[PDB]
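Figure: MORAb-009 in its bound pose on Isoform 4 of Mesothelin.
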Amino acid sequence: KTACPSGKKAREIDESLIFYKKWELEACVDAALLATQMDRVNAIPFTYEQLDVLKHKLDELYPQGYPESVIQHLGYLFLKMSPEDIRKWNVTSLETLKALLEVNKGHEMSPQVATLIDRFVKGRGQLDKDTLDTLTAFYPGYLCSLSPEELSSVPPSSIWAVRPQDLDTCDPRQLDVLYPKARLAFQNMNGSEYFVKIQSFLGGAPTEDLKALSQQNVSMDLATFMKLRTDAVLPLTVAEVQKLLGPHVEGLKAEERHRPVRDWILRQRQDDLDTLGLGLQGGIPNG
Amino acid sequence: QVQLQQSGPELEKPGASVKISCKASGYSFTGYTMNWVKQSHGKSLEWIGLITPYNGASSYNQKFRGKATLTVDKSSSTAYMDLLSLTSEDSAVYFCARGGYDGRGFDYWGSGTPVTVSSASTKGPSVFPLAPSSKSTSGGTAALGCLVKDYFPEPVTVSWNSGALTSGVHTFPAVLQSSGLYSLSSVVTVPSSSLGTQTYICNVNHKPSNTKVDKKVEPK
Amino acid sequence: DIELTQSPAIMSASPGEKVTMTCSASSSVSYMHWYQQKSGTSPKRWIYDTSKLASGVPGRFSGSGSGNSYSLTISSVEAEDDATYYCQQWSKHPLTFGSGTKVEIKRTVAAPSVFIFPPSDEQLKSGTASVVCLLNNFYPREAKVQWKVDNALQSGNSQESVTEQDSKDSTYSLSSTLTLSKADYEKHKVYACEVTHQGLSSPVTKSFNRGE
Ligand SMILES: *[C@@H]1O[C@H](CO)[C@@H](O[C@@H]2O[C@H](CO)[C@@H](O)[C@H](O)[C@H]2NC(C)=O)[C@H](O)[C@H]1NC(C)=O
């Protein structure tokens, strides 16, 4: 019944079309009209079957991929999309991305969303500060979900989007990839500001920057000290650890059998560990 | 199986509002439409509207716009209809029903939620026995019964012997009295030879007033 | 809105007869659905997409039609088909139902079984009295109950209720309750209900003396 029943041709995309059967929709609704009024479909109570007919017509119209004009309003049609189709998309507006990420909010990242993110970043040429803000907002563990190789392609300018808690899942490899980028982003700052910004990254910092910070009265939180690289705290002197921890040197004895602290103590002489007056023990015996 | 479990009877005063529910079971209701239908006692059916849960979209019969608001909780696979600014004309039985796959009508209906709009307070029934006698006997068949008097609002649920007794039973429609209260009767015809051995109990239930009564009817 | 008019509004068919009911629409409708509803029950889908029978519907039922006229046909009416049938148009928003066609079953005449129940002692203790008069299993539906207290014809103090057509017998039942105060009830002695029906050659009467 290719022909559309008389008086049933759709001049407009409205709710009156919900009582059209699938074939009635295929025969009575022109694809260009749908493309122009996509913005109305998400407010109409169309069944999954009728929405399938609609997506079929949208495909008929755009065989080279949808335009962002239609992709912004896809709504729950973005779920009936295939990754192959999304790989042909040119999505540029952050608001389009925010609208598509809101359709499957809460649930785990679907393959469609991964492909959308990849196409978006490959179009923008990088992972921007704004784009990273968006992605972390929708998916909090996004940053630490990237390999140390992928994480290496992040420009330093976008580090201003990385909040401290966004690194509470990153492994030492990722932290080591990130610390230079944050060092560059926060470079050109002065004193307490640099530290306030780089404290959450120092878990991937080397020994040289640690000594440089010690020589500038930083008063490093001991909880931050516990997050440092064991291999990077060993080559430090008692005077350096003292200048770094500032007044927080008191908590050393409380953390005397823990990751970095015990390994550092065991590599120091008791004659110098006793210079702190805190009662530390485990130093290389004199002689 | 597919089941649409509706909320219970409701009583509300004019100008107020109520919210009735429809729990869907046996299928993923995210894809189907949920329609609501109104039926006033002694009248025909009237479509209110429909809702799709995946996007919570809703389409209404213009008559019932501003009167019925459809919502959905996908977590519990439940649909809700909120009836607003209640008047007397809103007193009726409201069904929920699932739409077919390709517009194939309403294939699974709910059980019906009664909604009564009145300024009258709820009152529980008084259950009295209609005992069998010689004037209730006519050819080896006797008639026993229960009288559920002075209650409001409807409905009332009457059974016999916890449902085991069904044949010969007649539970008549309730009649409204000048006092504003309902009263109905439930009778059953039985063999006269059993009245001495068979126990006959009528089980009445009025949910609006949390009243459950089991009344044994005895001869003489 | 499409206005669907059903005809006949009431149908009375003897078992074995072929019957046909019609739904007339104000405008052309692509499809029509037919639901069966029996009193005190939710409507059930009987025919969908104009002519397809729903799961479990007997084969004697059929649906057809087009444009402005649709119809539902029962080849051999059986006593289990007494009910109201509603048509629904699935063409133009909004959905609209028909006023319904109610199907009753014809059967041989059956006179009523009359019983009378005096007021229980519990109710009298409560302060009211209700005398019940039961007409059990009769046909046709038209019957006349008339209360009489000490041969005095009563009026305005009685209420009647009729049941729907039984599934087994295709018979109706009726109950008439006469309500009074304990004082008014104790003022008199004889209480009778007189029943007039097509199946009774002359009025029947069932009575009792208060106390005896
Ligand atoms: C996305 O953009 C690409 C590149 O701009 C589009 O492919 C180009 O299409 C134009 C014609 O519209 C050709 O002249 C170019 O040679 C194409 N370039 C490449 C690399 O393919 C593509 O059509 C766009 N996709 C959309 C709009 O969905």
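The chains carry the letters A, B, and so on, in the order of their sequence lines. All chain A residue numbers match the PDB entry; in order, they span 299-585. What you see of chain B is 1-220, where the numbers are those given in the PDB entry. Note that chain C is numbered according to the PDB entry, with residues 2-213 shown in order. Any value given below was found using the heavy atoms of this structure, including those in side chains, with hydrogens, waters and symmetry copies removed. We read in the header that X-ray crystallography, 3.0 Å was used to get this structure.
For MORAb-009, the full set of ligands or chains is chains B and C. For chain A, the chain of MORAb-009 contributing the most heavy-atom pairs under 4.5 Å is chain B. Taking 4.5 Å as the heavy-atom limit, the residues of chain A that form the epitope of MORAb-009 are A/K306, A/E313, A/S314, A/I316, A/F317, A/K319, A/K320, A/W321, A/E322, A/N340, A/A341, A/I342, A/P343, A/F344, A/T345, A/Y346, A/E347, A/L349, A/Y374. Taking 4.5 Å as the heavy-atom cut-off, the residues of MORAb-009 at the interface with chain A are B/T30, B/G31, B/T33, B/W47, B/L50, B/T52, B/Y54, B/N55, B/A57, B/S58, B/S59, B/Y101, B/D102, B/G103, B/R104, C/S31, C/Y32, C/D50, C/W91, C/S92, C/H94, C/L96. In the deposited entry, the molecule designated chain B bears the name MORAb-009 Fab heavy chain.
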